[PDB]
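The model presented next includes MRTX1133.
Positions are given from 1 along the sequence. These numbers come from the heavy atoms of this one structure, side chains and all, not from hydrogens, waters or symmetry mates. Atoms within a ligand are numbered from 1 in the order they appear, just like the ligands themselves.
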Amino acid sequence: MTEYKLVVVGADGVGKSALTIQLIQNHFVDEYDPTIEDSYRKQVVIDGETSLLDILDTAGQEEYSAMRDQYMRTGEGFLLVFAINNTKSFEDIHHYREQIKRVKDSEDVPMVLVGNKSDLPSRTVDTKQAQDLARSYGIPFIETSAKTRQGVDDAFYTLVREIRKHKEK
Ligand SMILES: C#Cc1c(F)ccc2cc(O)cc(-c3ncc4c(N5C[C@H]6CC[C@@H](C5)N6)nc(OC[C@@]56CCCN5C[C@H](F)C6)nc4c3F)c12
Ligand SMILES: Nc1nc2c(ncn2[C@@H]2O[C@H](COP(=O)(O)OP(=O)(O)CP(=O)(O)O)[C@@H](O)[C@H]2O)c(=O)[nH]1
Ligand SMILES: [Mg+2]
């Protein structure tokens, strides 16, 4: 069975774990341990292909050991998550993309930009700003809410499709 290694990255509090748990368990809860980093799996059918998604939900201290580089390098695609109510989380996207390009040693890594917490009224990052950034990176942009489930399947399935496009090259 086909398997895809997906990694969910971004600033604290943006909703990486809530997104992951929506994908796997189809629900939202008010609280998630902010400290837990681990991998999870879901079996999915995307465009008729059955596959296993192994999802690394990142967390924990900001450290750059060689071991951490090597683990990140096994990721085949990355969700770059920010929250639409947190400008700093959007500003930090650049850094996460640089670290991915560094460990993958490539300017062509499958990535999707994800603007999470789309249900909240307290927007500080404009949709247009995010679209322009994703266009500049050459990657898709998906608006999500882990709370309502808006966009969640689309974000993960779009990342799988980006991985397939890379595999065709
Ligand atoms: C992820 C990943 C990541 C990759 F995708 C790819 C390759 C990587 C190779 C690494 O060896 C290591 C990583 C990696 N591991 C953890 C990070 C992290 N933490 C602290 C918090 C926020 C998320 C979670 C984990 N808990 N924080 C920031 O950056 C935070 C900011 C704010 C304070 C200063 N820095 C610089 C920028 F300004 C942004 N980067 C991180 C990072 F790159 C990598
Ligand atoms: N309204 C709303 N709340 C969200 C959404 N996604 C996550 N949350 C909430 O935001 C907070 C952070 O959620 P969490 O999933 O732990 O984020 P994280 O990015 O995993 C935090 P860490 O970086 O420490 O692992 C929680 O209170 C969570 O329920 C969303 O789409 N909408
Ligand atoms: Mg988390």
Can you help me spot every copy of MRTX1133 here? ligand 1
Which macromolecule makes the most contacts with MRTX1133 here, by its name in the PDB entry? GTPase KRas
Define the binding site of MRTX1133 with a non-hydrogen cut-off of 4.0 Å. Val9, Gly10, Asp12, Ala59, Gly60, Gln61, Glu62, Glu63, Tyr64, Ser65, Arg68, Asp69, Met72, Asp92, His95, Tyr96, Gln99, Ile100, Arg102, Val103
Find all atoms of MRTX1133 within a distance of less than 4.0 Å from any non-hydrogen atom belonging to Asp69, and give their numbers and elements. 9 (C), 10 (C), 11 (O)
Okay, what organism does the entry have down for chain A? Homo sapiens
Number the atoms of MRTX1133 from 1 as they appear, then name those within less than 4.0 Å of a heavy atom of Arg68, with their elements. 10 (C), 11 (O), 12 (C), 13 (C), 14 (C), 15 (N), 16 (C)
Identify, by atom number and element, the atoms of MRTX1133 in contact range of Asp12, meaning under 4.0 Å from any of its heavy atoms. 21 (C), 22 (C), 23 (C), 24 (C), 26 (N)
Can you tell me the protein heavy atom closest to atom 31 (C) of MRTX1133 and the distance? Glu62 OE1, 3.6 Å
Any N or O of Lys88 closer than 3.5 Å to N or O of MRTX1133: no
Could you list which atoms of MRTX1133 come closer than 4.0 Å to a heavy atom of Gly10? 23 (C)
Note the single closest protein heavy atom to atom 28 (C) of MRTX1133, along with its residue, its atom name and the distance in Å. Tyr96 OH, 3.3 Å
I'd like to check whether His95 has a polar contact with MRTX1133, where a contact means an N/O of the residue lying under 3.5 Å from an N/O of the ligand. yes
Among all the protein's non-hydrogen atoms, which is closest to atom 25 (C) of MRTX1133, and how far away is it? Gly60 O, 3.3 Å
For atom 38 (F) of MRTX1133, what's the nearest protein heavy-atom neighbour? Residue, atom name and distance, please. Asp92 OD1, 3.8 Å
